[PDB]
Asker: 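Here it is, the structure, as structure tokens.
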Amino acid sequence: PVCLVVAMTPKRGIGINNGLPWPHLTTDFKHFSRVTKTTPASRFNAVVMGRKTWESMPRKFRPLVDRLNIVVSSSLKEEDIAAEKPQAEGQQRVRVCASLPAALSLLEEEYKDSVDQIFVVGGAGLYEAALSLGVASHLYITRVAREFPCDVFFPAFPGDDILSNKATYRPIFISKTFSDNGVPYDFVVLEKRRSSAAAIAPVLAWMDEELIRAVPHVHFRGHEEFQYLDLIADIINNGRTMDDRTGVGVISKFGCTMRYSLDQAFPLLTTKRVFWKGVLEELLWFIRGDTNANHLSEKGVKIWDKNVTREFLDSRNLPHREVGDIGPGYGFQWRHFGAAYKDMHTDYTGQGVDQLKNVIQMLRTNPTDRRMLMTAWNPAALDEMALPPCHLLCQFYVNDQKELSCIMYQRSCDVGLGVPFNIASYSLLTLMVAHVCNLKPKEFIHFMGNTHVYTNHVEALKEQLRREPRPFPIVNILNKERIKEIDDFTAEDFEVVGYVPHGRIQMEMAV
Amino acid sequence: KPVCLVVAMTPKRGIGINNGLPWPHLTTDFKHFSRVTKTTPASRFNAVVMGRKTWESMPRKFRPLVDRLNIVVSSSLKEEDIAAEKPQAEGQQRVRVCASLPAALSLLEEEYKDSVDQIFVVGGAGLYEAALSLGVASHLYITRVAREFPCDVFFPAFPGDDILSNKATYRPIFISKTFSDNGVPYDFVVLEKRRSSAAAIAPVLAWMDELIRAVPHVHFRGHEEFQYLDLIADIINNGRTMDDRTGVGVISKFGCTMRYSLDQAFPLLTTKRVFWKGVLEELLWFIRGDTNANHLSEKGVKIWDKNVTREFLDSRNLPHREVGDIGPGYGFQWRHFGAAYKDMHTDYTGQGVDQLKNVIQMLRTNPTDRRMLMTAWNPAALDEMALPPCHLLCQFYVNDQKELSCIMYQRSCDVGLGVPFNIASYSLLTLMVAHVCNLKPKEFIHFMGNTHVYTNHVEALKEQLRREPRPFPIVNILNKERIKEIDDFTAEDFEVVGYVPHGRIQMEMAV
Ligand SMILES: NC(=O)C1=CN([C@@H]2O[C@H](COP(=O)(O)OP(=O)(O)OC[C@H]3O[C@@H](n4cnc5c(N)ncnc54)[C@H](OP(=O)(O)O)[C@@H]3O)[C@@H](O)[C@H]2O)C=CC1
Ligand SMILES: NC(=O)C1=CN([C@@H]2O[C@H](COP(=O)(O)OP(=O)(O)OC[C@H]3O[C@@H](n4cnc5c(N)ncnc54)[C@H](OP(=O)(O)O)[C@@H]3O)[C@@H](O)[C@H]2O)C=CC1
Ligand SMILES: C#CCN(Cc1ccc2[nH]c(N)nc(=O)c2c1)c1ccc(C(=O)N[C@@H](CCC(=O)O)C(=O)O)cc1
Ligand SMILES: C#CCN(Cc1ccc2[nH]c(N)nc(=O)c2c1)c1ccc(C(=O)N[C@@H](CCC(=O)O)C(=O)O)cc1
Ligand SMILES: COc1ncc(-c2cccc(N3CCN(c4cnc(N)nc4N)CC3)c2)cn1
Ligand SMILES: COc1ncc(-c2cccc(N3CCN(c4cnc(N)nc4N)CC3)c2)cn1
Ligand SMILES: O=c1ccn([C@H]2C[C@H](O)[C@@H](COP(=O)(O)O)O2)c(=O)[nH]1
Ligand SMILES: O=c1ccn([C@H]2C[C@H](O)[C@@H](COP(=O)(O)O)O2)c(=O)[nH]1
């Protein structure tokens, strides 16, 4: 019973010019070091590698300490490796075998009592040979989210859908997303599947007296998206069937919380492609305090059209609104809170309270202040809006390390559709704000009120929950030097790096 | 050889009156009792042991207790006094009569080994006194009845009776949430005498894996107050030390949640006494839309005075504010959002948005509406306020079964002093609104922004955490018929039933 341990691009690339295709991945190496060494007393592990893999290592690190180094090679001799560097005392001498079947036979003969776990470390020669013989019980895969130029590739295998879109291998473990040198990645493991408390118990047994899960197989679920998935599953399992303003039935839960890290990667959800062009163009729209939805619509972003139609504005009891007008909406309250609205064309400069500018000036001069809030809810002008704000409130926070976090409260949540859009939108705002203030982005926290999935979306969401997440992408702000204030961002100032989602899921917007 | 004791108990240790139970029928208790005495892991059954009067107090259809070996301790009653009392059913075990508890335990070993699984002393005072003296009691199953009743028979005093009320040891290993039957709150505690299948997943868990705990013995944590206790513990252990607008050192955290049930009992926290006279007077102050802190100050609630002083009013740059005037405070926006403020004496009826009216109306008519929100935060009006509202927003949610839930978001949370007050203050509003809208109260959800403990409380809080919580009380609304609007309520229309909190800890208010 052997295990494979690899780092791998989406297109299964592993090496180039007999070296790693990426810049050094410190957290990947630490993870490698730990897996290959650790043991529950008397036994050391074994690291089986090829010649090209052995050679590609730095001289400093070979032989890999505390582990039986076995090199599969015909051309290299057992003494050339011995003459390469003097051996340090306390380690088994590096062993050379003809092929991989012969390599494991060596452990059967001479090391039957000493070795605990067996690890094949590279490369494509030994990996291919390992999967051929099928003696691999487990695969420890580091999924590099970014694509890199490669000439050596890891062989494709049943259930390699965990890398990109297309005896079996099922994921049992998915870690949260890590990053090094602007390279996002995460760790997965895959399985070859094909009376101190006796007194308490009966009190618990009677105490209960009273269906769907996200990716059942995956038992350790480090990935942060699991929040959102388990949140879908929960409302499908434990929510309440409700009616609606829209006329479409709803399953709703009240009081819901999600939080996502910003320090390593960006929570652009992977289980379905997120319309990022939308979250970007809409956020810049908000920041401008723009209330004209045509400016969005023309850019290819049609998210607001149905709620600013001639038909909808009349039902929303505003016959004197122009098509495209969202009223004094999200962005208007941010940049001009309380100001007298006229139309989308009127210039509202200097009028009202610019919450966004004050939130920054507070962050930049006095970050411990507890009044760093931006609201979109104005009970005075709710009726003048074409549709009341969902994401209505957000608070900011700085710690010791000059790291920035952001809470956002949402009154009403279309989990299937709006939520992943909302996560990504505000997390982006945190990145923007953090940069302008000279702070590290840390964490984004999502507070939810009415949290609901629409009944017509339910079939599509079970489809989404069969999908195990991919590593998060990195969002980079570009022209970091050129942008100094929050209004200096443009659409081209951003870069989504290594975003490899699952295929598009179609979901109708509830009018 | 070891025995378990199973009792229900008044805070004053009372167990009986007039050879019967002191309280009305508690179904959930009798359920607990039935299951705990009966449930057994094959060829095996449980023994129940009682006094003569316990046997007599018990209704005829229930004695002897089915599926359990009954033993009555008596010297007047004989074994044939009981056999003639009711024909024995086929299969059941005969009731045995011993003259003392040592004889009872002796009989159990002498004749009933290999026969009886577990031994339960069931009552009354005499046998509970006897069992505690012998030191044979391994576990105490206490049903803490929170309400004080007329009692002539009492459970004996024991080391560890600090779980009942204020003052070889008996410490809690289990505390459940508060239940209620017939206007009576209660909860269940258990006390203890002290004086590569999945292992291939575990190596990656090694490196990823890594001080103050409250009531650490309590292995089961049903009691919803544990949420708050652990929230204090987390802030201290895992928080970051910030400086403060007041100057006093702060340990703080961002984005933490709590939720409390309102269908069984009231989350008026028990681990320290909460100033309920304040929570009631402050809320009815808000409801009236009052901005005059002297109306609270004259009534014995001085919670706002340190913030309406001439010094603080001038430090907030408001020279013309009279002493007492909070400016457009929380009460003000609730009923007059956007109204132009003058002083506390000016009459504002009709001006601004009456959010509270709109909330109740939307509730009583269109409960599936998601715009059912109230907000104290008014960016344009913040400057004129003596203090920017801490609790700034609440949302209401109505269920399938006409069940009301409420979320409240609080930007800044004094976890030592303000948080339990706020839990109490909105749970009360939720009760009030529910009655006024003809709805069953279900849940209060607390969303928290800057969640912090002051450093001149750290010592005073570590002490509090040593205290395990008592059952929650019931808050009843008196004069239900007379009250039909939210303004109809007065301080007298309420009654806190079964409140048994721990001693007061002195915590100064930060100005
Ligand atoms: N991403 C990752 O996790 C890792 C990537 N790498 C990368 O992989 C590349 C090196 O791997 P690769 O190019 O595939 O070369 P290999 O590491 O597979 O080694 C090739 C040589 O080893 C011998 N060999 C290998 N497999 C067998 C076998 N089954 N039977 C007999 N002999 C065998 C052969 O010798 P002969 O010709 O004499 O038969 C062959 O020439 C480098 O670019 C390196 O950076 C390396 C380690 C980890
Ligand atoms: N809430 C609860 O958990 C429970 C409450 N109760 C309440 O308690 C009351 C009955 O209990 P209580 O009044 O204490 O009476 P008991 O049930 O303790 O029975 C009293 C009789 O039992 C015998 N006896 C008990 N202990 C001893 C001893 N150590 N040595 C010798 N004889 C003993 C004596 O019988 P004799 O005189 O024949 O020798 C005595 O007269 C009822 O009102 C009942 O409702 C009862 C059980 C549980
Ligand atoms: C949230 C928000 C902003 N908005 C505004 C907006 C307004 C009313 C709404 N009403 C309802 N019922 N659900 C919504 O998601 C919604 C969203 C959006 C509107 C539509 C889409 C939409 O049709 N979905 C995108 C997919 C984007 C994604 O991956 O999330 C699409 O493919 O068209 C997204 C966002
Ligand atoms: C929250 C809030 C509203 N308020 C108003 C108010 C105003 C300024 C504040 N400032 C600070 N820093 N913390 C607060 O909790 C606080 C509270 C209160 C203020 C004080 C007390 C107080 O002194 N404690 C109570 C004891 C209550 C308990 O034990 O929990 C007392 O006995 O007076 C209570 C409520
Ligand atoms: C950029 O500098 C650099 N870059 C690389 C090295 C290095 C030094 C020793 C050895 C190696 N490898 C050994 C094996 N590997 C591996 C990494 N992660 C996983 N999950 N599986 C692997 N099988 C990477 C290749 C790499 C030194 N220096
Ligand atoms: C008024 O109706 C009513 N009222 C009372 C009864 C009743 C029926 C069986 C038995 C009894 N006991 C009195 C209460 N006991 C008890 C209850 N909880 C705990 N935790 N420990 C106990 N020792 C034991 C025995 C009471 C029936 N009917
Ligand atoms: O950012 C958004 C915008 C809209 N919605 C969804 C949720 C609601 O179902 C609907 C708005 O309608 P009301 O909540 O106003 O009824 O749009 C979101 O989830 N997020
Ligand atoms: O109802 C209240 C009133 C006050 N505070 C506390 C929290 C903060 O510690 C302090 C307000 O300080 P600023 O957030 O305004 O700085 O008062 C509450 O938690 N709840």
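Per chain, numbering begins at 1; letters A, B, ... match sequence-line order. Side chains are part of it too, since the values below use all heavy atoms of this structure and drop only hydrogens, waters and symmetry mates. Each ligand, and each atom within it, is numbered from 1 in the order the structure gives. Looks like X-ray crystallography, 3.5 Å, at least that's what the header says.
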Asker: Mind telling me the name of the drug at ligand 3?
Answerer: CB3717
Asker: What name does UniProt give to the macromolecule most in contact with CB3717 (ligand 3)?
Answerer: Bifunctional dihydrofolate reductase-thymidylate synthase
Asker: Mind listing the other chains that have a non-hydrogen atom under 4.0 Å from CB3717 (ligand 3)?
Answerer: A
Asker: What are the neighbouring residues of CB3717 (ligand 3) within 4.0 Å, counting only heavy atoms?
Answerer: A/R273, A/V274, A/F275, A/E282, A/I303, A/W304, A/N307, A/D414, A/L417, A/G418, A/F421, A/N422, A/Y454, A/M509, A/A510
Asker: Pick out the nearest UniProt active-site residue of chain A relative to CB3717 (ligand 3) and quote the non-hydrogen distance to 1 Å.
Answerer: A/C390, 6 Å
Asker: According to the deposit information, what organism does chain A derive from?
Answerer: Toxoplasma gondii
Asker: In chain A, which residues that UniProt lists for substrate binding have any heavy atom less than 4.0 Å from CB3717 (ligand 3)?
Answerer: none
